[PDB]
*Asks:* 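As an example, take this structure containing ponatinib.
In order, the residues displayed for chain A correspond to 463-486, 490-584, 587-644, 651-765 in the PDB entry numbering, which applies throughout. When the header is checked for method, it gives X-ray crystallography, 2.1 Å. Basis for what follows: all heavy atoms, side chains included, without hydrogens, waters or symmetry-related copies. Ligands are counted one by one from 1 in listed order, and the atoms in each one are counted from 1 as well.
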Amino acid sequence: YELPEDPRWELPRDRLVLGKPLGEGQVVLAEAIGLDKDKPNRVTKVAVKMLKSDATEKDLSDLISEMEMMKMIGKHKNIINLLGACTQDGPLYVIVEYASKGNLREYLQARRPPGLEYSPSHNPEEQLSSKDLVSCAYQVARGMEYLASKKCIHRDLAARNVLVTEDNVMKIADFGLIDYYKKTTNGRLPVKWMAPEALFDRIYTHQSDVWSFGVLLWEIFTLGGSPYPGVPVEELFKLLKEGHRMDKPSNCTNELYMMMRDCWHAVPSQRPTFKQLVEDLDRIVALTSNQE
Ligand SMILES: Cc1ccc(C(=O)Nc2ccc(CN3CCN(C)CC3)c(C(F)(F)F)c2)cc1C#Cc1cnc2cccnn12
């Protein structure tokens, strides 16, 4: 309730115009007036995180901790950035950048090629080239390399946790933040993104996020495909113990599949780092056709 004031980040409440809910604590779309010192007269569309009415002191401490972590990490183009907070005289609001094109999974699926008689009415007004897909991978690797340089371990890197802005910029999110059988809102199992050592030994490192990044690359090249569809938790454990790896998606180069497979090295020390992935993806982007 009574939080201390951080003038670096404090935005007066009368400057924030709460709008439609974006997700559910809970996230709402809002308009911030004079978020920056100049101009005090410009409105910026923002996303506001707040607690729900049924929240406890632990939920408040979690929101505070998340806001505190975002302050420490600092700004990067490929992460959802903290813009402000309302901590005084009312509920805590954590104001962050708004990504109008939703999560990367939704973004990719909406840009899938048009429906056919064997699918047949998916008629997108939006389409992605091969260069655009490698660009998404590069931007996510860049956000992750930055987070890694700030000693941050994501633990849930997946296309659902990557947001897309109006300018098509990839931004890593978290929803700064376990039941293996718990499914996402979309009905998918997060264990399908977890490195075996994180899954079986609860060892979380940058190497285990690199494993998750390999699953994220697979999600990109299948245009929002669902990893291991119809595979329950127990069968997934068995696939990992057998050293099973997902097949190469169609419209994926041998080079990019080799990258996915490298991210999925059984030995964590042998996986590429985010620094190596950013360099390889930088070179690959430049050589990838935008003609198809
Ligand atoms: C309201 C809000 C609050 C917070 C965050 C947020 O991303 N917080 C965050 C917390 C922790 C971490 C890092 N940790 C991960 C865990 N790990 C164990 C420790 C390290 C990071 C990270 F980006 F650095 F990864 C971010 C996003 C939103 C949003 C939004 C928004 C904007 N546009 C749209 C459009 C549709 C829907 N939502 N939306």
*Asks:* Please list the nearest protein heavy atom to atom 27 (C) of ponatinib (ligand 1) with its residue and the distance rounded to 0.1 Å.
*Replies:* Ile545 CG2, 3.8 Å
*Asks:* What is the nearest protein non-hydrogen atom to atom 34 (C) of ponatinib (ligand 1), stated with its residue, atom name and distance?
*Replies:* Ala564 O, 3.6 Å
*Asks:* Please state which protein non-hydrogen atom is closest to atom 10 (C) of ponatinib (ligand 1) and give its distance, to 0.1 Å?
*Replies:* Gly643 N, 2.1 Å
*Asks:* Looking only at protein heavy atoms, which one is nearest to atom 37 (C) of ponatinib (ligand 1), and what is the separation?
*Replies:* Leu484 CB, 4.1 Å
*Asks:* Looking at ponatinib (ligand 1), would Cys619 count as a contact under a 4.0 Å heavy-atom criterion?
*Replies:* yes
*Asks:* How far is atom 7 (O) of ponatinib (ligand 1) from its nearest protein heavy atom, and which residue and atom is that?
*Replies:* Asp641 N, 2.9 Å
*Asks:* Need the ponatinib (ligand 1) atom indices (1-based, order shown) with element for anything under 4.0 Å from a heavy-atom of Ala512.
*Replies:* 30 (C), 31 (C), 32 (C)
*Asks:* Where is the nearest protein heavy atom to atom 28 (C) of ponatinib (ligand 1): which residue, which atom, and how far?
*Replies:* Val561 CG2, 3.5 Å
*Asks:* Using a 4.0 Å cut-off to any heavy atom of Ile620, which atoms of ponatinib (ligand 1) qualify?
*Replies:* 17 (N), 18 (C), 19 (C), 20 (C)
*Asks:* Quick check: does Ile538 get an N/O under 3.5 Å from an N/O on ponatinib (ligand 1)?
*Replies:* no
*Asks:* Would you mind listing which atoms of ponatinib (ligand 1) come within a distance below 4.0 Å of any non-hydrogen atom of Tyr563?
*Replies:* 32 (C), 33 (N)
*Asks:* Under 4.0 Å from any heavy atom of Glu531, which atoms of ponatinib (ligand 1) are there?
*Replies:* 4 (C), 5 (C), 6 (C), 8 (N), 9 (C), 10 (C)
*Asks:* What protein heavy atom sits nearest atom 32 (C) of ponatinib (ligand 1), and how far off is it?
*Replies:* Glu562 O, 3.1 Å
*Asks:* Run the numbers for me: atoms of ponatinib (ligand 1), each under 4.0 Å from some heavy atom of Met535, listed by number.
*Replies:* 8 (N)
*Asks:* Which residues define the site around ponatinib (ligand 1) at a heavy-atom cut-off of 4.0 Å?
*Replies:* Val492, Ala512, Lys514, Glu531, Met534, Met535, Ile545, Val561, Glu562, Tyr563, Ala564, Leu614, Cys619, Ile620, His621, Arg622, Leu630, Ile639, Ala640, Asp641, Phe642, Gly643, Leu644
